[PDB]
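Numbering of chain A is taken from the PDB entry, so the residues present carry the numbers 59-309, in order. If you're wondering, the header gives X-ray crystallography, 1.7 Å. Counting starts at 1 for both ligands and their atoms, following the listed order. Keep in mind that the numbers below use all heavy atoms, side chains included, and drop hydrogens, waters and symmetry copies.
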Amino acid sequence: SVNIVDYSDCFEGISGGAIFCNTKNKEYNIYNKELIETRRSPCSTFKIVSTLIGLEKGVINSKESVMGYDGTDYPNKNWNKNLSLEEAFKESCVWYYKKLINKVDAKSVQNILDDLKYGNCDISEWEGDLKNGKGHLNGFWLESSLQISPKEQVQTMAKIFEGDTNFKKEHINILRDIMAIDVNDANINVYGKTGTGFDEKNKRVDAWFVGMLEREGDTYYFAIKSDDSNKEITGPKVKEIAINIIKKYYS
Ligand SMILES: *C(=O)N1C[C@H](NOS(=O)(=O)O)CC[C@H]1C(N)=O
């Protein structure tokens, strides 16, 4: 049941698209089909998968797990501490997740992405987009070789959270816990992660909010994506749009 829908009023003039999928009744709701099928860098939404990779390989073990902060100075106050998994996920702490993933061999990551059908599964540029000058604050998931479409994001979220992967249930529940967000509506449970990048080649943002919604027995897996040319459009802004869509059409 694939419905093409018009969520444009919630996008308040920003270029983008949305896809919501309920796998129980296979009701696919799509705004801007062309964009929803286009692969792009996942940016910080990759933290959903890298958290699971780290748990499966034992690099981390719980919401409390630390990565051994070494005292390096960062402009974000909250990166300058021995933060837990839960805090690094919510702060999108790049050094924590870079150190995590660099403890994992490339073959293991390749095979996990292949199993998840995670877009092009292209980790060939492991170091990331070094031409931006940011050095070790870079990786294959940040405007680099790995690309995934919004529709594929939803398919991956569904496989993970419906229990259809080999990841341990314990590890899925840790991810659920740390992705939960507060939308000031107790009648829906929303979970997700933002991502922000700028596509230098095409001069457009990659601004993401990916996650799931639970509303009384029904679950929707969703991905909201902007490709606007305005650099002010970030992941957090697209999360605002996503929340407005959820409150208008999914309450
Ligand atoms: C992930 O996309 N990133 C890490 C960090 N958080 O992004 S978020 O607020 O959209 O979740 C900063 C932006 C980006 C990056 N430049 O690495």
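- The name given to the drug at ligand 1 is avibactam (bound form).
- Here, the main chain in contact with avibactam (bound form) is recorded in the PDB entry as Beta-lactamase.
- When each atom of avibactam (bound form) is checked for a heavy atom of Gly253 under 4.0 Å away, the hits are 2 (O), 10 (O).
- Using a 4.0 Å cutoff on heavy atoms, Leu200 counts as a contact of avibactam (bound form).
- In this structure, atom 7 (O) of avibactam (bound form) lies nearest to the protein heavy atom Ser102 OG, 3.5 Å.
- Close approach to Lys251 involves these atoms of avibactam (bound form), each under 4.0 Å from a residue heavy atom: 11 (O).
- Atoms of avibactam (bound form) found under 4.0 Å from any heavy atom of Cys101, numbered from 1 in the order shown, are 2 (O).
- In this PDB entry, a covalent bond connects avibactam (bound form) with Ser102 OG.
- For atom 13 (C) of avibactam (bound form), the nearest protein heavy atom (residue, atom name, distance) is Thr254 O, 3.8 Å.
- Annotation: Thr252 places an N or O atom under 3.5 Å from an N or O atom of avibactam (bound form); distance criterion only.
- Atom 4 (C) of avibactam (bound form) is flagged as protein-proximal [any protein heavy atom, distance under 4.0 Å].
- For avibactam (bound form), the residues with any heavy atom closer than 4.0 Å are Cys101, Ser102, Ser150, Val152, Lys192, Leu200, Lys251, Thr252, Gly253, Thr254, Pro294.
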